[PDB]
Amino acid sequence: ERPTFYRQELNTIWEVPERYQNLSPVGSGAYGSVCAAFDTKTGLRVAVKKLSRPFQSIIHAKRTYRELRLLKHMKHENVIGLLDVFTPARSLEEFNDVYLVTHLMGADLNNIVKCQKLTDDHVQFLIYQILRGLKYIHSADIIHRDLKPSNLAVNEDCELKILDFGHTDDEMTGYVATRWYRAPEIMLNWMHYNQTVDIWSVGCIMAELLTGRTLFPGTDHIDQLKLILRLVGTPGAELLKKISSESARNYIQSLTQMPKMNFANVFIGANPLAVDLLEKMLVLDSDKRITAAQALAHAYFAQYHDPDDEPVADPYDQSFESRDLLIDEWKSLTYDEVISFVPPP
Ligand SMILES: Cn1c(=O)c(Oc2ccc(F)cc2F)cc2cnc(NC(CCO)CCO)nc21
């Protein structure tokens, strides 16, 4: 049955089912503003995202469909999930707004690191959960592509969820956290990239949790690359071949060759098992990076690793990605997905 909706001006008029009370602006998220609220039906504190102009263009309509598809698929402890999706619309003809509901999270990882070192046990637990969530995400052939501490949310008990999985040129420019966790092959568009871009990001995050400091705080793309290459060495012939961009490969070759540094001398005092994992994650050749599944079985996570409690995802059909459709067709697909939603247990 259709719930009763009530109206409220927040951020824009918000029209939500009565179950959602005490709506309070919480800021911005991916492609829309977020409100905290109390779900009287479940007793949960929730985050409610209203999408801004979900169907104003083909790009927007497809993006709307994409986010809804991704959130409906994800059913994992360490990945943001969909508690509810609703529209005040009674039909496709009047359908123009989409609201997404998930758990309200207490803080992001930026708030926790706060210029300070975490204990080795904290790093173990936090990275373990990230890799557990990434194993799940990657098993569905989904790539986050933009993992960073601000996308990693935690509750009081340090229970972690990954948000915003699956940025303009300007916001990737300069001394910005938006670029600091990006694998070099995506930062400078070396090649058709895969899942392991996210493992690079995990290495950057893990090192930051260990030192309290940004691993590669480049002032720009070029500065960041030099920072990266100083640690991991300049690419060898083998990797150079795989750089399908003639232009990028040519620039790479202009740089003075540097050997990989000793990670034990970079990360003084750190668990040698942590050092070892960082070495396996922060490999320039993405083909050779440790995967999430492999990293979970690494000795560093001995006290958390359970092969029987690290689930994979159901198959995720993303054939729509290569599909060209009109606005109203993307809208109709989105509508179907809203209508068909079944709330989690
Ligand atoms: C920033 N942000 C979102 O963009 C966000 O996006 C959504 C995704 C899917 C969805 F169905 C609904 C959403 F709102 C959810 C969300 C939940 N908790 C929190 N809590 C934050 C504390 C700030 O009060 C800390 C983590 O940033 N922030 C969120």
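Sequence positions for chain A are given in the PDB entry numbering; the residues included correspond to 4-14, 16-170, 174-352, in order. Order of appearance sets the numbers: ligands from 1, and atoms from 1 within every ligand. FYI, side chains are in, hydrogens and waters are out, and symmetry mates aren't considered; it's all heavy atoms of this structure. Method of determination (from the header): X-ray crystallography, 2.1 Å.
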Trainee: Can you help me out? I need the name, per UniProt, of the chain with the largest number of contacts to ligand 1.
Mentor: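 Greatest contact count: Mitogen-activated protein kinase 14.
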Trainee: What drug are we dealing with at ligand 1, do you know?
Mentor: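 It's listed as pamapimod.
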Trainee: Please list, in number order, the atoms of pamapimod (ligand 1) under 4.0 Å from a heavy atom of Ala157.
Mentor: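 Reading through pamapimod (ligand 1) atom by atom, the close ones are 26 (C).
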Trainee: Of the choices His107, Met109, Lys76, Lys54, which has the non-hydrogen atom that lies closest to atom 20 (N) of pamapimod (ligand 1)?
Mentor: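 Among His107, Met109, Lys76, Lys54, the closest heavy atom to atom 20 (N) of pamapimod (ligand 1) belongs to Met109.
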Trainee: Which of the atoms in pamapimod (ligand 1), numbered in the order shown and given with their element, are less than 4.0 Å from a heavy-atom of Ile84?
Mentor: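 In order of numbering, the contacting atoms are 8 (C), 9 (C).
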Trainee: As a test of the contact definition, would atom 18 (N) of pamapimod (ligand 1) count as having a protein heavy-atom neighbour under 4.0 Å?
Mentor: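 Under 4.0 Å from atom 18 (N) of pamapimod (ligand 1), at least one protein heavy atom found.
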Trainee: Hey, which atoms in pamapimod (ligand 1) end up nearer than 4.0 Å to a heavy atom of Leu86?
Mentor: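 Here the atoms of pamapimod (ligand 1) in question are 11 (F).
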Trainee: Looking only at protein heavy atoms, which one is nearest to atom 1 (C) of pamapimod (ligand 1), and how far off is it?
Mentor: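 Result for atom 1 (C) of pamapimod (ligand 1): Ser32 O, 3.9 Å.
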Trainee: Tell me the source organism the PDB entry gives for chain A.
Mentor: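 Per the PDB entry, it is Homo sapiens.
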Trainee: How does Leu75 reach pamapimod (ligand 1), by side chain, by backbone, by both or by neither, if only non-hydrogen atoms under 4.0 Å count?
Mentor: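 It is the side chain that gets close, since no backbone atom is under 4.0 Å.
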Trainee: Which residues flagged by UniProt as binding ATP in chain A come closer than 4.0 Å to pamapimod (ligand 1) by heavy-atom distance?
Mentor: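 The overlap, by heavy atom and UniProt annotation, is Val30, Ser32, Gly33, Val38, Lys53.
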Trainee: Taking only heavy atoms of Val30 into account, list the atoms of pamapimod (ligand 1) that are under 4.0 Å away from them.
Mentor: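 Once the distances to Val30 are compared, the set is 23 (C), 24 (O).
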Trainee: Counting each atom of pamapimod (ligand 1) from 1 as listed, which ones have a heavy atom of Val38 under 4.0 Å away?
Mentor: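 Numbered from 1, pamapimod (ligand 1) contributes 3 (C), 4 (O), 14 (F).
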Trainee: Mind telling me the covalent anchor of pamapimod (ligand 1), residue and atom, or none?
Mentor: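 In this entry no covalent bond is modeled.
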Trainee: At the 4.0 Å heavy-atom cut-off, does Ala40 count as touching pamapimod (ligand 1)?
Mentor: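 Not so, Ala40 does not reach pamapimod (ligand 1).
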Trainee: Using heavy-atom distances only, which candidate in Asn159, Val52, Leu167 approaches atom 2 (N) of pamapimod (ligand 1) most closely?
Mentor: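 Heavy atom nearest to atom 2 (N) of pamapimod (ligand 1) belongs to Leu167.
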Trainee: Looking at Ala111, which atoms of pamapimod (ligand 1) are within less than 4.0 Å of one of its heavy atoms?
Mentor: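 Per the distance check, 25 (C), 26 (C).
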Trainee: Give the residue, atom name and distance (to 0.1 Å) of the protein heavy atom nearest atom 14 (F) of pamapimod (ligand 1).
Mentor: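 Nearest neighbour among protein heavy atoms for atom 14 (F) of pamapimod (ligand 1), to 0.1 Å: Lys53 CB, 3.4 Å.
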Trainee: Which UniProt domain of chain A lines most of the contact region for pamapimod (ligand 1)?
Mentor: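 The answer is the UniProt domain Protein kinase.
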Trainee: From the options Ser154, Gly31, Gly33, select the one whose nearest heavy atom is closest to atom 4 (O) of pamapimod (ligand 1).
Mentor: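 The option holding the nearest heavy atom is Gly33.
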Trainee: Taking atom 7 (C) of pamapimod (ligand 1) as the point of reference, which of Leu156, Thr106, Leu108, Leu87 owns the nearest heavy atom?
Mentor: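 Closest candidate by heavy-atom distance is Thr106.
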Trainee: Which UniProt active-site residue in chain A ranks closest to pamapimod (ligand 1) by heavy-atom distance, and what is that distance to the nearest 1 Å?
Mentor: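 Heavy-atom nearest UniProt active-site residue: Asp168, 5 Å.
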Trainee: Could you check atom 16 (C) of pamapimod (ligand 1) against the protein and tell me its nearest heavy-atom contact, residue, atom and distance included?
Mentor: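 Ranking protein heavy atoms by distance from atom 16 (C) of pamapimod (ligand 1), first comes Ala51 CB, 3.8 Å.
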Trainee: Extract the binding site of pamapimod (ligand 1): heavy atoms, cut-off 4.0 Å.
Mentor: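 By heavy-atom distance, that gives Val30, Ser32, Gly33, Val38, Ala51, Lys53, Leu75, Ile84, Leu86, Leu104, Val105, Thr106, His107, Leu108, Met109, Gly110, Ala111, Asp112, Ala157, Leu167.
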